[PDB]
**Q** 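Lab note: furosemide/Solute carrier family 12 member 2 complex loaded, questions to follow.
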2 protein chains.
Amino acid sequence: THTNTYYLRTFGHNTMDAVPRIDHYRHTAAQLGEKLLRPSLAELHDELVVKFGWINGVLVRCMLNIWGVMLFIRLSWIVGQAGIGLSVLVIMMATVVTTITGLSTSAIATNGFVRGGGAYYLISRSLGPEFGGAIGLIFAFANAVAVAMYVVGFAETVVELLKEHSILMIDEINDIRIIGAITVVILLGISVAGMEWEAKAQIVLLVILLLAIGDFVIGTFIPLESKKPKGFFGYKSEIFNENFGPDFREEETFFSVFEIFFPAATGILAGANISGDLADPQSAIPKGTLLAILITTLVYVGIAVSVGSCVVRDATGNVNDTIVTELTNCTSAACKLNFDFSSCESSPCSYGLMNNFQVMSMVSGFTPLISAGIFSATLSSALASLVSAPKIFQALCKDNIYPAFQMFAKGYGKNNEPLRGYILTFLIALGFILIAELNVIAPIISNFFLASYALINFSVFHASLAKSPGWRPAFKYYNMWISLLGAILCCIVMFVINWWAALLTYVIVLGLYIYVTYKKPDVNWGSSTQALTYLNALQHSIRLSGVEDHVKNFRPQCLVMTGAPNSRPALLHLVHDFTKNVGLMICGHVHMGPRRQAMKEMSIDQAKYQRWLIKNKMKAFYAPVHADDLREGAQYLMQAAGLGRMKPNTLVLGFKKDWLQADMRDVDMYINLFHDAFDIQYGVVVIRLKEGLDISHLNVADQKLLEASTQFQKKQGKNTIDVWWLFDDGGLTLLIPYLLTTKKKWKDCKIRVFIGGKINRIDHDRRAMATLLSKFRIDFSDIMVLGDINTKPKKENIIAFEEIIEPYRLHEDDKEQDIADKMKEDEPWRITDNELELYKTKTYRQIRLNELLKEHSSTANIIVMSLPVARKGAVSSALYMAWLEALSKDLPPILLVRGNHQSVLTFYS
Amino acid sequence: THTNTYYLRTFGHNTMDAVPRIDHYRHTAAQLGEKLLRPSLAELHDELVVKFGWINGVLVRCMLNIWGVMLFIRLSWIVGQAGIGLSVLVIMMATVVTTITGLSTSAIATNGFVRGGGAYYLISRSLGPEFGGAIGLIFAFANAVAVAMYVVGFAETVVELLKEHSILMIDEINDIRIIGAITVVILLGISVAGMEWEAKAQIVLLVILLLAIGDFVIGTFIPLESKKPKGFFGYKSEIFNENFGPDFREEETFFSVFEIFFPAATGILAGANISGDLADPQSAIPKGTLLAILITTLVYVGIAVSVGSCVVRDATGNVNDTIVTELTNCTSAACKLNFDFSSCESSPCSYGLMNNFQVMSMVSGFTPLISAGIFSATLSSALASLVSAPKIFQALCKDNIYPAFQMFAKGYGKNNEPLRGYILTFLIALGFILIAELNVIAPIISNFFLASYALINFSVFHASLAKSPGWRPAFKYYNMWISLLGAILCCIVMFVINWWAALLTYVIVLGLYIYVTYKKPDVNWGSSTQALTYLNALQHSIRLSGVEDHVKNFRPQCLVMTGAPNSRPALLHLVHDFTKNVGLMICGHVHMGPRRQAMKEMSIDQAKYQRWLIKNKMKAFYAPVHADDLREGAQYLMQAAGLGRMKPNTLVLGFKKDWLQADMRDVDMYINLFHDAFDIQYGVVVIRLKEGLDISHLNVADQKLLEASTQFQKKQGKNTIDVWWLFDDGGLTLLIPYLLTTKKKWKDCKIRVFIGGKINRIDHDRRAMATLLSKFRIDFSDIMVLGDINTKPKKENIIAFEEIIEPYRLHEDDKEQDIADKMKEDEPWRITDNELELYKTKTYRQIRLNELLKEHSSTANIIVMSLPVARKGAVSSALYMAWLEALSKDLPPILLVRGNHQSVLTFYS
Ligand SMILES: Nc1ncnc2c1ncn2[C@@H]1O[C@H](COP(=O)(O)OP(=O)(O)OP(=O)(O)O)[C@@H](O)[C@H]1O
Ligand SMILES: Nc1ncnc2c1ncn2[C@@H]1O[C@H](COP(=O)(O)OP(=O)(O)OP(=O)(O)O)[C@@H](O)[C@H]1O
Ligand SMILES: NS(=O)(=O)c1cc(C(=O)O)c(NCc2ccco2)cc1Cl
Ligand SMILES: NS(=O)(=O)c1cc(C(=O)O)c(NCc2ccco2)cc1Cl
Ligand SMILES: [Cl-]
Ligand SMILES: [Cl-]
Ligand SMILES: [K+]
Ligand SMILES: [K+]
Ligand SMILES: [Mg+2]
Ligand SMILES: [Mg+2]
Ligand code: NA
Ligand code: NA
């Protein structure tokens, strides 16, 4: 029926359904998605500029940042004060911390597409805005200060080089400050020039540093007799054996050495912070960072061991001190080789592995080459930090976490460059350089770095804890327990060095976290915090599902038929008063009208009203439902609403005030709602107000209605709480008012109970009731026993009730049997004469109860009375409505309660 | 119509409804007559021996138990080693701990009738069986050991009194052993004699103790020169000032003094342990315990101050006197009055406050009275402990918490008295007396008492934390924070003295708690633990209700329509595999039949199936519903099931295997269930098995069906998962198999992806799909692109489909245009020729897809394929069912998935 070419066309061209394509999931505004538009379910169902590679962008950056001052200056001192083994152990511990941090970072960076800000973006998108902003501020400031520290190191090295000659301008501190200012200006200029220039400069510095390392390694293998007077002796096993072990020749300990060394391993995130300029993160960051860490650790360990195997701790440089005669009785490591480096214990000798900070330069075949290597290392580290800080700050400011800093987010040029961030970082670094004494500052910045690492590790662990299906990290060489251990180790290490610095950093982090949480920025990124919230709720619900029910653990789980949650405020607040912190509260709303529009109406209403309830401080659940009429929607809610053991057991309704001026079908639906509630074993609570409950539409009447709506919101003075417990429903009638009095807004109100008694047994019945409610431990102010019930109500009230009921009567007696049956068939709510004759006693009881309530409980703050139960099929809906209206007419706020008839009170324990 | 009578009769005689009466809430066997019967809601709605008072039962017992050895023996030593102020401080600290414990006990004992036992009953009924059993065992053993210690103290005092004369039988330790054995036998006899006899003995002992205290107080006010050589001097401000302030003569310390004194504060629970024999608790325990504590503390403090204000720390027995008309050169308090009790700073003088342990006897005006008082105090404390232990043990054994001890709950006599418990306590006490050296044992028992007190305080705090409406304590003189502070103080105090004893007691408590929780005795007391479980679930749900939705936080919340949870095991386990630990799972069951019987059936099913699910380790929720047909119940569940944000979003049901051999109305209801799910914005998952899903009714066919049911309960093995993602439904089709692979039972299985492409573009489409799913980070083992779709399926398959569809065609073309319309109206599921002509392409697509699946995925462990969506009103129900049947048949387990069409996957972070 068609050509063979047609049968081989593109799959999906003959159907509205779309094949899965990348454009369906991309949100980027690329050509507005001309063809990347997957059809919605309704449509198918409804009736008819510069990017860097991983090598240059991550590996080189991380290596340059990690290698700093200690590479050529303080490594020898560390290997001296602590033996080869102890120094290697310190290096390995720092490397372990950094490696755990790198694994966590690689895991976090392989989940989605990272945009900008290495540590900040990852931490924020994986944990939440609070932690994200706190760590962003901390890390940015730490990098800004590290820029100054590196510049100061370079300046001090150059000043020492000048002091090696006659060149000098001012005192040492002032010369250091001048050199630091000049160097920081040069670095700022280079950084502002552009990112490609920075990359080229970094490559040059890296090659210079590698040349310096190679020069040192070559020099250590070419001993010269001239260096023999100094500590250098070549590779001798005697020196290696002697240099082992912790000869702490000063007021310093192992922990102090570790603290001194640690800043040497705090450049691992240089590549990550360039995520905004990486060609392809999720493939460059992990491998580059891990390789850089491995290379730097290997170089550190090798250099430490080599320096410790070819230099003596103490060596008194003196040409006329070698030879050591011919035969010696000296057991010293130097003595075994030559007399050089002898008699140093008493007289403090010039240098050696313990007192000289230029041993690496001396060992190297070429000294100026090592000097250039030191310069390049320090400058490279400073440049990396100075580039990293503005990127993190701009990423943090783009999110508007701190509105005051929104200025430092604008970009310049083809590639968005935070020039303002660069200027701010330059200012901070220049200030800290002008201080020129960063010895005290260093522990604080080290602790800042450790806090950032620990929060990265904790973010990985937290994400692995909340088993969100979106976690799905691409990197598969991590572990939740390893990451948790890494976070704990980071905290412990930060506390080990400068405990008070650790306390200060923790205080700062906590303060920033609290500020951000209070601010609550308007943004959600799908952090693991929300996933953990859902998982915790689910686990707690599952746990509660296995708990057996007990009478003393009973709580009122009320399904309030409120319509729009804001439509009826009085009912909502009243139900909230005895439900908050005790029992569940579901606000049920039934939507009518066309299903097509009702679906969108309910979809909007869900979010709108849940947000309204949350913002209004009411701990309720919105439960929208779409149904033809109110009765069937209530049926839906009473059958399915809730989850597990947290389902409703009480139905709360507002009184149908306008039942007289309304279609009898609506009244029938109301009474049938009552009947269904009773049928499914539900407690029923009806709240009646003189003015009504609905204020959505909203003269004198409107003002009174609004006042009634707002009445149950302030402190309820102390007037009374009248409970007319006439029938034993199981105790709910008494449990409601007690829970009311248990709240602050109702504490001043006293509960006085009304019961029906015998005329000649008033005292006995009163005592029995008092004892019964004392066993229940329900405080009461007074007990009134009424013997006037069952009396005939006044003639006027009966006449009024009859006049009210006349319109809805059937008058079967005065009509033909067939006509009466036909009338009752299509109007089932009609009141039959037989039922009126049968229940004249109940009608008189309702009227007399209204009389008694008016006479006695006419000044109560709120009234709780037993709700009459009409046998289904025996009493008409109109008769039930008339009973309810007569019972509670012309009264202050009243509640009609009819419990499950299962006991909800107990005097046993 | 009625006389004056019948108008003033008892309220409630003319109605089935009952007035509230205590008989309605009493559950005791007696008083269950017709009068004390509350009518059920259905019945109203359906269509037509010795008891002690608080004084002698609690106050006297508590006072006698609290007062023990230290009252007349070591109080002087305590006031000596420490100062008056420090001794008062230790007394006040112990009293504070005991007073907080007493407040907590009175709070816990005023929350209903306490049946029997002592602290065990209160702790169990307020906290749970685990804590109850642990504390019961600990407390009973502690009381038995305390009996042993009191007997040992009495024996030691009597042995010392004998040594004061020329009376002795064997070595001191052996004589102590004989005296202790005799005393314990006498105490056991007295206790077994009854309880009234014990009360009379206790009253006699209390009178003797009061006489002894009065004798001491009288003696301290009548100084005699004979006792002047001893430390006694009468009241003198010089001695008071001298004795004020610590003087730790020996290797003692404040903490050691506190540890020595603390056992003096125990015994506050003697009255509460006789709760089963009190006239009424909730009125005797609180007041009696508090008054006893107050009186004992006042007496302790007064005696301490009096002894420290009228006796010198060091004194000499040399009657020769001192300061015989000499000059006053010494500032010692003794010199102020006379030289007596001086000059023993180097040599150890005879006795005094520091050295003598009978100063109270000497100070008193009649030593034999003080000796009798010591005897009475020790004997009364021992008797109280020996009575308390068996009561607690019997209460613990009556609950069957430890089945091995069920034999000790038996009672004897008119009043249930545990004789076996008495014998066991006597045996334990006799053994510990035979040890005769309880110095090392005292700290352990002290820590046991402290643990009991701390857990009482923690029970009060926990009850106040779980805001159960049944808490309602009658004693309104406590505080949750005060009780928590008391528990913490008890723990800290127990750890302060004998830290290793505290660790041992904590280990024992933890072990007993773990054993009880593992055993999980079948008991339900309505503890604070269950209330806290409910409250925690509610709070977590409320918190989750305020969390905004995100694509990466999406979870599959599946409303699996399974009927009876055990009826279809394969479907339940399959849904559990990709829902456990990730997303919600509600098992929906629809009940049909008469409403009256259906309600009871659903009520039974709720408990039965929730228990079955919990016992079978399935984290699902049972959701019963009563409706006329399956569609109505599914509508109920899809509209109302769930709570807050934890509500279903995916519909899972089994394939209607027997649709061909079934009424077309049922098939129409099935297809309309599909349509309703799509309309309500639900994802739909259909699971089809060759043999079916139902195994409730269950030859070869039955065996195969059972094997299919059990197939998915084991480890899958090195099979493959075939995903035919043909249409972009949002990613659910791919999300489900990934979640399957996330679990251990599906680790081996690898995901194979099938997509539709164009011939001559296979490589490009395969690369694009691989890239797209690599950005999603879902691992795959291979990607197959099929270009042979849209081709005409074999003639035989089309003929078979036509033959299958024949009995449901409308055949409108060969009709009169009126009979056809009538048939369509009567049976809307009829397949019209117009729709068949329109969707021949879709039919051929289904047939060819089945061909491709059989040819390619015939060996997959499980198949996931996109579920075709039929436009509502355009495709008949019969045609939709035929499409589904043709698409899947003669295939391994297959899942048809049609997501919400909202994206559930993302490559952004
Ligand atoms: N969607 C709904 N529409 C109307 N009433 C609802 C709805 N959902 C629950 N209800 C409950 O059913 C009752 C019906 O009252 P109705 O509006 O028929 O009489 P009314 O005198 O207008 O009441 P109100 O003063 O509350 O408007 C309300 O009090 C309300 O609590
Ligand atoms: N109360 C229920 N009664 C019947 N089916 C239900 C019910 N609740 C949910 N369902 C789902 O609807 C499907 C209807 O199956 P049906 O009663 O037609 O028997 P079937 O086609 O032989 O399949 P099965 O082997 O599951 O019985 C079931 O697979 C089941 O998953
Ligand atoms: N102690 S040091 O001179 O060898 C040293 C060495 C280095 C270094 O990077 O090797 C270093 N980096 C900057 C830094 C400080 C805190 C965190 O990072 C700082 C210092 Cl003080
Ligand atoms: N230290 S004491 O001799 O004055 C003493 C005194 C008492 C006493 O009850 O006064 C006491 N009661 C029994 C007990 C031990 C642990 C807990 O309770 C035990 C002792 Cl050892
Ligand atoms: Cl870093
Ligand atoms: Cl006690
Ligand atoms: K570094
Ligand atoms: K005691
Ligand atoms: Mg209205
Ligand atoms: Mg079936
Ligand atoms: Na560097
Ligand atoms: Na005693």
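Convention: sequence-line order gives letters A, B, ...; per-chain numbering from 1. Side chains included, hydrogens not; waters and symmetry mates left out as well; all remaining heavy atoms used. Determination method: electron microscopy, 2.7 Å. In each ligand, atom 1 is the first atom listed, and ligand 1 is the first ligand listed.
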**Q** In terms of chains or ligands, where should one look for furosemide?
**A** ligands 3 and 4
**Q** State which other chains have a heavy atom under 4.0 Å from an atom of furosemide (ligand 4).
**A** B
**Q** List furosemide (ligand 4) atoms under 4.0 Å from B:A264, heavy atoms only on the residue side.
**A** 8 (C), 10 (O)
**Q** Quick sanity check - which UniProt chloride-binding residues of chain B lie within 4.0 Å of furosemide (ligand 4) on heavy atoms?
**A** B:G68, B:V69, B:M70, B:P263, B:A264
**Q** Short list, please: which atoms of furosemide (ligand 4) are under 4.0 Å from a heavy atom of B:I260?
**A** 1 (N)
**Q** Have a look at furosemide (ligand 4) and work out which part of B:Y150, if any, has a heavy atom under 4.0 Å from it: side chain, backbone, both or neither.
**A** side chain
**Q** Taking distance alone, with N or O pairs closer than 3.5 Å, would you say B:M149 contacts furosemide (ligand 4)?
**A** no
**Q** Check the entry and give the organism for chain B.
**A** Homo sapiens
**Q** Enumerate the K(+)-binding residues UniProt records for chain B that place a heavy atom under 4.0 Å from furosemide (ligand 4).
**A** B:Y150, B:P263, B:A264, B:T266
**Q** For furosemide (ligand 4), does B:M70 get within less than 4.0 Å through its side chain, its backbone, both, or neither, judged by non-hydrogen atoms?
**A** both
**Q** Judging by distance only, is a nitrogen or oxygen of B:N65 under 3.5 angstrom from one on furosemide (ligand 4)?
**A** no
**Q** State which other ligands or ions come closer than 4.0 Å to furosemide (ligand 4).
**A** ligand 8 (potassium ion)
**Q** Which of the atoms of furosemide (ligand 4) are close to B:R74, meaning less than 4.0 Å from one of its heavy atoms?
**A** 2 (S), 3 (O), 4 (O)
**Q** I'd love to know the UniProt transmembrane segments of chain B, N terminus first, that have a heavy atom less than 4.0 Å from furosemide (ligand 4).
**A** 1, 3, 6, 10
**Q** Report the binding site of furosemide (ligand 4) using a heavy-atom cut-off of 4.0 Å.
**A** B:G68, B:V69, B:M70, B:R74, B:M149, B:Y150, B:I260, B:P263, B:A264, B:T266, B:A442, B:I445, B:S446
